[PDB]
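Model: Neuraminidase / ligand zanamivir.
Lettering of chains follows the sequences in order, A, B, ..., and the numbering in each one begins at 1. For ligands, and for the atoms within them, numbers begin at 1 and follow the listed sequence. Per the header of the entry, the method used was X-ray crystallography, 2.2 Å.
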There are 4 protein chains.
Amino acid sequence: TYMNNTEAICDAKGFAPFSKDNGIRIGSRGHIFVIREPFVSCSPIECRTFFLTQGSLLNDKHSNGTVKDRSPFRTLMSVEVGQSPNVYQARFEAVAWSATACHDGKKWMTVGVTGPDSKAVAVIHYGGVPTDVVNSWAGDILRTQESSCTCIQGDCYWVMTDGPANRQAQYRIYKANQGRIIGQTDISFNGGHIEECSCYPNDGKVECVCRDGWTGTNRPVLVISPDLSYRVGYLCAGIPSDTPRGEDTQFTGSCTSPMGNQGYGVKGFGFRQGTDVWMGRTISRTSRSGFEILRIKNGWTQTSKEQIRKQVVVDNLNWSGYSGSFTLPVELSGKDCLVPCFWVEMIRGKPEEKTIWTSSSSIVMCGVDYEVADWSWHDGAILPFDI
Amino acid sequence: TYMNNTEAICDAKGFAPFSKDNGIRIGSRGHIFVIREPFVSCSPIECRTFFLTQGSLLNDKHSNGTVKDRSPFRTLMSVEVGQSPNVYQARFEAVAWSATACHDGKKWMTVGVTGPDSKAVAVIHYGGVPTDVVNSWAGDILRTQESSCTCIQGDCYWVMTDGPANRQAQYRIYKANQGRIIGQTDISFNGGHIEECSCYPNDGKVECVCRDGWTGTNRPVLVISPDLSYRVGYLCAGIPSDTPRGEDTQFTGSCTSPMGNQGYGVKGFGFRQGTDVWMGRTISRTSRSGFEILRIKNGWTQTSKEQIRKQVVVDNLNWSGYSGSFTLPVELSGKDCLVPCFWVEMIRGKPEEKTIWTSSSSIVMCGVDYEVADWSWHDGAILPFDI
Amino acid sequence: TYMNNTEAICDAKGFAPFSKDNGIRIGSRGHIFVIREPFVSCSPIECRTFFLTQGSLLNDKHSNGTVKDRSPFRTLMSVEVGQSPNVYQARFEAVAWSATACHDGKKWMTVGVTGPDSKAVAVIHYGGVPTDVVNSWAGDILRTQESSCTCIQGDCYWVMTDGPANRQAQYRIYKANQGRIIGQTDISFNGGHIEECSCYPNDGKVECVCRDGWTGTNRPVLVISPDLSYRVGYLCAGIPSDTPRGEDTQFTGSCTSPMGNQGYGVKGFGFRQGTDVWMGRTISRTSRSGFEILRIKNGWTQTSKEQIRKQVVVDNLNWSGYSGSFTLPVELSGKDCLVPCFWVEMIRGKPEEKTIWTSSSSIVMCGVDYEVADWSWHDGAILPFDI
Amino acid sequence: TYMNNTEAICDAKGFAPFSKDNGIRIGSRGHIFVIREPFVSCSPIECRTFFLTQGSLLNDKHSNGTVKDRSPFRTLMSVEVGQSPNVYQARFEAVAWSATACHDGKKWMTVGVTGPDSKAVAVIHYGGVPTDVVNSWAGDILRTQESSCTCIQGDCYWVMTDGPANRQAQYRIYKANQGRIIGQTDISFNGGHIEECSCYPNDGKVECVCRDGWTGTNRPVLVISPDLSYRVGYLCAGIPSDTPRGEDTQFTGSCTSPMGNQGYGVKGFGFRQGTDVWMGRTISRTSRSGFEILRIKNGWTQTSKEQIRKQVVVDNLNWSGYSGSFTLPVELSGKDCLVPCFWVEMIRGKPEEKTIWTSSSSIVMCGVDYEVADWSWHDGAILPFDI
Ligand SMILES: CC(=O)N[C@H]1[C@H]([C@H](O)[C@H](O)CO)OC(C(=O)O)=C[C@@H]1NC(=N)N
Ligand SMILES: CC(=O)N[C@H]1[C@H]([C@H](O)[C@H](O)CO)OC(C(=O)O)=C[C@@H]1NC(=N)N
Ligand SMILES: CC(=O)N[C@H]1[C@H]([C@H](O)[C@H](O)CO)OC(C(=O)O)=C[C@@H]1NC(=N)N
Ligand SMILES: CC(=O)N[C@H]1[C@H]([C@H](O)[C@H](O)CO)OC(C(=O)O)=C[C@@H]1NC(=N)N
């Protein structure tokens, strides 16, 4: 039967490590796909780790150009959480260089975008097969979440973006029951930009903390109602959470407009807590090093910069990167509330390191109502490989 | 319980990519069987990719002579769609260098032909074991579909051919419930030739688009009724769909007789649409390069050459090859109609390339009611391998 | 629920190939256990291939001494029929250098013998764990079937031998419900010898065609009743079926006494057909080359040498070896009778070939009521390996 | 539904080999994790082998420093008993360099401790996800069982230790239903020390045979009641069972105080039998060589040194090491009593051997009411590896 996911998010004080896959380290000798954009989604029987292969394996000649971002070889697959993206445990999901996924209690729903950049198409899947499609509507990279979409009482919603990586673009929400689309919406956000949102269910509504790739060093936020009515803005916080980003002291929070002088970013996330918010980010303000998460007092509703809880999961001497959200189903956590969790992508090799390849590993952290000590659960691989 | 498969085929406007396995690319380092003749069949829980191994793996000394077509080592196996034909996820089906397969809602039914060429035998399997057999009846390669057979309301039917690859041969239809044969038929087609049919269910009857290897550059078509009464001919179309084949301008369609001056071919397919038809084919008229599919107006009932929908899934700079059909069960697509899909085999190495081996990869496309943009989702492997 | 297996054996006219694993060929590059003594047993959901690893893999330094027969490393494992004995699909059964196995409709029952030769012990397993044991009772290699034991209406019976490989030894039957022994019997056979029986169910009684390693070039036969009352002798046939063995022309059949001047043998099998019998054997009378099976008219009840059905599954230019029996459950074949099948072990490397290792592959043939043409489905490996 | 596990332990006369994994031997060529601290726990469907990887595989550069004990890479995983800890069959449990696990009839419960040593944290898991946590409470390695915890009628209990490896430390018991903690206890044991207990269910109470790392060459024992009331002491026996340990002749048993002049040890176990006890141990009193188990008459209640049953499972010419307990569920053994079993860890390479790596293999022995002959089922690997 169907999953409700209508409870608010639980109020945690810290996150405990769920898993760690050791994708890369294990790949020096194992048969592991070369990937990127990994994320985590859960059903009422298990959580799985979805990723985007490069139709190749680590420590092999085919892992060469693996930095480009797109190719016809990129395919969306998955494996039980914590397990590495190896070839022998992989479940084929779909053909994509940009995906998202979520389960609604009964079956999984996947969306893999692939094809030419001026005419890419999104193949929606449900129950082991594609059921519906969405063609690029602005002829210019029809991307998406690169993270767990969201299902509430049977209806699963997600976000998509067609446009430049810089200047203004076009966004849209998507709502669908059992793999068949059922209406969507065009996000009005002139001057504001949005990409790869790390959503999650909360209070019977969908909340996302996306990524402005145009001008914002602060992230845009967006609450989606079931009838497609929505709200869009930016984490109010007085602290920046993008990368690259200006300093905490030189940044002024903003609930409606983007801020900071930076035209590039990185996927990221944030959880709503009362009017408070837990916001993740890479410690090193310029590169993709280390990963830290912060709970600014009142941050979701005020421009607050009042900190009172900080914990590192990746120190600044370790490659980090992407990081999305998702929740544990009540049919697993057992809580009376949606336990919030997130993952951290730990990229390696190019661009940052001298290697002919690029890939990443992931680490899964999870709510809990106990303050967790700072530590580093970094990749570990010894670069370069048998290159 | 049993599957009906009595609904007509849905009327699509284009096909969206279901999966891609990256068999070869992944094999440069992985443990993947060396194969050929792959295809796709689906049950009410999943679609699987069936293939014919060579009892060996890529990038190994045993992948040597792998071009011959037949050996006692060739065995029919399968893996969830999109997954590569690796050794660790393979499901043993049967011993064969020529197979077909289909599920009837409850269990799978496989038929693997193997043995000497003048006395080969077909072992029929059902539920993990052989139940019935069919011995060669003309002492001369007892081949078959090399594609998904067809089950309607419990009875599964398929096609077989015993004879020369050229001059006239002997064909026969086959109908069977739960793995036990139950009557069959000899196809009368003097002057006309048939091999490896890419059938599918439609309107409570079975339709196949086979391959004349004798003289036809246009494919033969055949509608099988449940009582074994049938119809046999050639796609009426005024456009050739075999390889090698003469030009579109120099070809005259034919609903009853084969045409064109060519004594060799390749497996292929076609879907009925009203009186219209979607016909697949390799773009390059002589070699096994690129793959394109066309919807000629009225083509299934008239000698029409009226085009009004063309989409490439493999441009002409990429090795292609075989391509068969099959349908998605209503217990998966959810449609009220049999969603039509097909796969494309992408061969590599010998004969076309300087390698001691030969194998292929596959790509799965699927109905949908949206016109899909042209693209190439080609093999990708870097030949030669660690040869 | 429980399996009856009380129906007679079906009367076939030939056997069709079920599967072929390509263990060795695939091992040149794959991760396959180095094994020996493989066999086949089936439950009402699937047949599996049981074997004895050497706690090592092909094409590795540990596959060295792998000829000895016994070590503390030898462990009994299995994999779906036709699948190779690779490490990633293997199911651990038990610790042994001599096993047997069978399912009784509900769970599997395994018996792995291991330990010192003068005090070896048999660990009986049932449902994923050992339930009962049988200690060596004559301090001298406590071996067993090396083939599928037999279960009838819940009670599973098998055979064991403690003694020299030559001169007289001690045998015993074993009957047990759900993994717990329940009485057994000492076979009286002075002058007669018995080892590794290839039994099967028939007419509510158990029939085995074992191996005299002392003096018989003809095999001993033994019918086990449910109350442990039994019958013991030798295939009556006027044709020898052991290896080494004297010529067909110089052999005189014998229903009660062993015959021929040979003190060594090989595992083998035979099926009862009316008073007729299908008897398997290696074609080459001295070595372990080729495999043939024969249906001598009346052979099971008379000293007959009347042949009228012969089919080779391995020509005499191909290494062969062991071969045991077993039946397909009615809950799989669908027949109203126990379809008889058997497997053929194809050994390689030492002793016969110049290699530091020894192992084998298997081939599964199965009843059917159609006369099957002679062919060779031999190993295939290219020796030596990356040695 | 829930598991009772309230029956006493069965009274065996010997233990029969359940399985053997051949982890290391197989790893010379296979893809096996490099591990340590392996153990065995069982549910009412199967027993599984839990271990602690090093986020790497054997015969690879990453298996280097693998001796340290702790890293952020260490993750707790498992595989069906007897199966090696290979990457393709591994089930991710949690992130840890110190774990324990047990099933309560419905789902599994795992606890993985990881993080800094002065602030480590324990993530409790249940049903594929962490549900509750326990932070280090003495800032100094928050370790645990490294063996199967214990569940009785739904409530699962285990033991933890925070302190120095030498001088006095702090212990505590833990009781929890469905992954959520529910009260615990601080063990009062001044002068006495406890670590990595090898518990098991017996008489509706929990009994553990731990390891004093401070001063005891005799092991401490502890009976846990359901209301957390408990008893703590040392195996009464007049024979030492730790390593290093003084001689049997120079040792005087002790039911309340530790004895012997040794400040280091090794994990170990013991089973209660009447007032008798089966105690395991490494034969060689100083190193980690061989493994033997002894049943001293009355040993659990008296300082007895009365032996009358000894059996070796690893002779003193073979590396051995850790060894924990656990029981077979009645829903598997079928007995009316909790069949007692245990495993033996066979370490290899560093520190004892000249290798850049360290890891181990395991062997599983199991109750039974038959006296089992002495033998060696040692590792087998040929060191060094392709180093
Ligand atoms: C479709 C595509 O190529 N998406 C890109 C993404 C995108 O480039 C930016 O979001 C700007 O729009 O950037 C990044 C990135 O790491 O910055 C990875 C993505 N790679 C993949 N999703 N495969
Ligand atoms: C049984 C057999 O050898 N079949 C051949 C097939 C056949 O040769 C032609 O259809 C003419 O009859 O050709 C081809 C081919 O690629 O042209 C592949 C097949 N290989 C395999 N099915 N293994
Ligand atoms: C227990 C044992 O070592 N059994 C031997 C077996 C036996 O040697 C003869 O049957 C004489 O008794 O011979 C053979 C053989 O191939 O001749 C293989 C067996 N190897 C294994 N079962 N592992
Ligand atoms: C947490 C930790 O590092 N535990 C150590 C353990 C400990 O060191 C002693 O018990 C003293 O407290 O010793 C040993 C050991 O083999 O002596 C292995 C353990 N390694 C692992 N559990 N990973």
Heavy-atom contacts of zanamivir (ligand 3) under 4.0 Å: other chains: C
Closest UniProt active-site residue, chain C vs zanamivir (ligand 3), non-hydrogen distance to 1 Å: C:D69, 3 Å
Heavy-atom gap C:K267 to zanamivir (ligand 3) smaller than 4.0 Å: no
Zanamivir (ligand 3) near UniProt substrate-binding residues in chain C (heavy-atom cut-off 4.0 Å): C:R36, C:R70, C:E195, C:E196, C:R211, C:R288
Atoms of zanamivir (ligand 3) close to C:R143 [distance to a heavy atom under 4.0 angstrom, numbered from 1]: 12 (O)
Per-atom contact, atom 7 (C) of zanamivir (ligand 3), protein heavy atoms, under 4.0 angstrom: no
Residue part near zanamivir (ligand 3), for C:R288, under 4.0 Å between non-hydrogen atoms: side chain
Zanamivir (ligand 3) atoms in contact with C:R36 (distance to a heavy atom under 4.0 Å): 16 (O), 18 (C)
Organism in the entry for chain C: Influenza A virus
Binding-site residues of zanamivir (ligand 3), heavy-atom cut-off 4.0 Å: C:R36, C:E37, C:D69, C:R70, C:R74, C:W97, C:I141, C:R143, C:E146, C:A165, C:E195, C:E196, C:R211, C:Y264, C:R288, C:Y322
